[PDB]
Engineer: 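Provided herewith is a single structure, encoded as structure tokens, for subsequent inquiry.
Proteins come first, then strands; the chains are lettered A, B, ... in the order of their sequence lines, and each starts at number 1. Header says: X-ray crystallography, 2.7 Å. The figures here come from the full heavy-atom set of this structure, side chains too, leaving out hydrogens, waters and symmetry mates. Each ligand, and each atom within it, is numbered from 1 in the order the structure gives.
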Amino acid sequence: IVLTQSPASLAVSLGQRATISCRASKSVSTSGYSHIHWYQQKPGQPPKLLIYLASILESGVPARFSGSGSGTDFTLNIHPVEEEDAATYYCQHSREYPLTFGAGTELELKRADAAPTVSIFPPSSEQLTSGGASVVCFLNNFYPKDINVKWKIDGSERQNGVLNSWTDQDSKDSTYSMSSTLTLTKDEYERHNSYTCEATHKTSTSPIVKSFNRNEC
Amino acid sequence: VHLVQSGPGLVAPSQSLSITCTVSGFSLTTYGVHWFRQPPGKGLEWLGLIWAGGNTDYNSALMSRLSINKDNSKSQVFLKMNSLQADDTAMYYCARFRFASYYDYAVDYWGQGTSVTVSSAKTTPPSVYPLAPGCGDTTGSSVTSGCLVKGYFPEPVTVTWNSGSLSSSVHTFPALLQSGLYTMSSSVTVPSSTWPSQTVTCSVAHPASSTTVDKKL
Ligand SMILES: C[C@@H]1O[C@@H](O[C@H]2C[C@@H](O)[C@]3(CO)[C@H]4[C@H](O)C[C@]5(C)[C@@H](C6=CC(=O)OC6)CC[C@]5(O)[C@@H]4CC[C@]3(O)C2)[C@H](O)[C@H](O)[C@H]1O
Ligand SMILES: [Cu+2]
């Protein structure tokens, strides 16, 4: 068969209800049993079974998860969506072989805006020994996700050779964190002074700034 | 460990793969084992099932290229995949099949997975560089520290703080393929005490190369 999940992404504030759908190409229902399953794959773990045979709950998964449906149309309800469910959701039929999955519906929990705590790091001694220099900035615990960092080197000289990586949504508080690595050669790190990490995020017109001066080289 | 698979790392194209799934807390005498894989960033995919009585069902597609076989006494299922292509790069998971009757079954427990990268390249160990606030500011009551892990191949890597004791305020920034190699980083925030003379450490274990280096900050 082939399973179609909508929405592909979803954001719902706490206490709300979220409704993942899943429609099949064919009636995955033989007699009164809808052969479909629902899995929660948190950010970087294996899948956790939530519901089997469309409605039955897996022991342990809390009762705010509900599965409903017949034939072609199926639905997972999560209410109240608590911070802990910021994960990706799959449905799988087992009506026939092969056992196909639907594409995944990501849930993103809406939350109040939170501004970043920027941190700036020199390169290690060990790195410079390999002839290279990395300057690292952790922009941590902000919401929403959209942030754009800039590297200012020595004067309002900007740079390229930047690596930027975002963590997925934290399951305790619904924040994001970011890592930005400017990677220079030692032999050019060495002949400059100021390195700024200037972050610009919704919570202020003013970019946040962290910066260090190469201190006794 | 309830289900754990080993098989791993880098396997060059056209060669064969065997991932061994070791079950615990049940026996193959009574339980089926599915194999699934997840190709990086996209959907989960079913490979096949070996039922209780050593019986097998395969995803007609991969069909020709794989076999699954159990040694009931040893509590291991083994998946043999031959003529590896580069899109078989995937996370490989083994899962338990609780079957009671056609109206009550579940794919209920999942293995952690193992990462298999099909490519003609050679593994490359990471370089680990500690990142500590170096220009002295009276860092409040919390300080951030980081570990930068650079240039490894293939994935995965595991970065733990003081061997696993601190996994409180640990952020793990996902990995970025840069020029054929991966880089990643993790930050931890500890109190302004639990840093200086408490001595922090990230322990990076890069399986494929059998690197397990601990860098002291
Ligand atoms: C009593 C019996 O029950 C119904 O038939 C059943 C047998 C057969 O038809 C199938 C479809 O092929 C079987 C199939 O064989 C094995 C499975 C693929 C297997 C797996 C799940 C998983 O995850 O891994 C493997 C467990 C159930 C399964 O999912 C399906 C369920 C749909 C069903 O339709 C149900 C009818 O009522 C029938 O007429 C009557 O004989
Ligand atoms: Cu089809």
Engineer: Under what name is the drug at ligand 1 recorded?
Structural biologist: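 The drug there is ouabain.
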Engineer: Which chain forms the chief contact surface with ouabain, and what is its name in the PDB entry?
Structural biologist: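 The main binding partner here is IGG2B-kappa 40-50 FAB (heavy chain).
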Engineer: Could you check which other chains have a non-hydrogen atom under 4.0 Å from ouabain?
Structural biologist: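 Chains with a heavy atom under 4.0 Å: A, B.
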Engineer: Under what name does the entry list chain A?
Structural biologist: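 The entry lists it as IGG2B-kappa 40-50 FAB (light chain).
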Engineer: Give the residue list for ouabain, heavy-atom cut-off 4.0 Å.
Structural biologist: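 The heavy-atom site around ouabain is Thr30(A), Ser31(A), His35(A), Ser94(A), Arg95(A), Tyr97(A), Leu99(A), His34(B), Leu49(B), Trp51(B), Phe97(B), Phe99(B), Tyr102(B), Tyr103(B), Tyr105(B), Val107(B).
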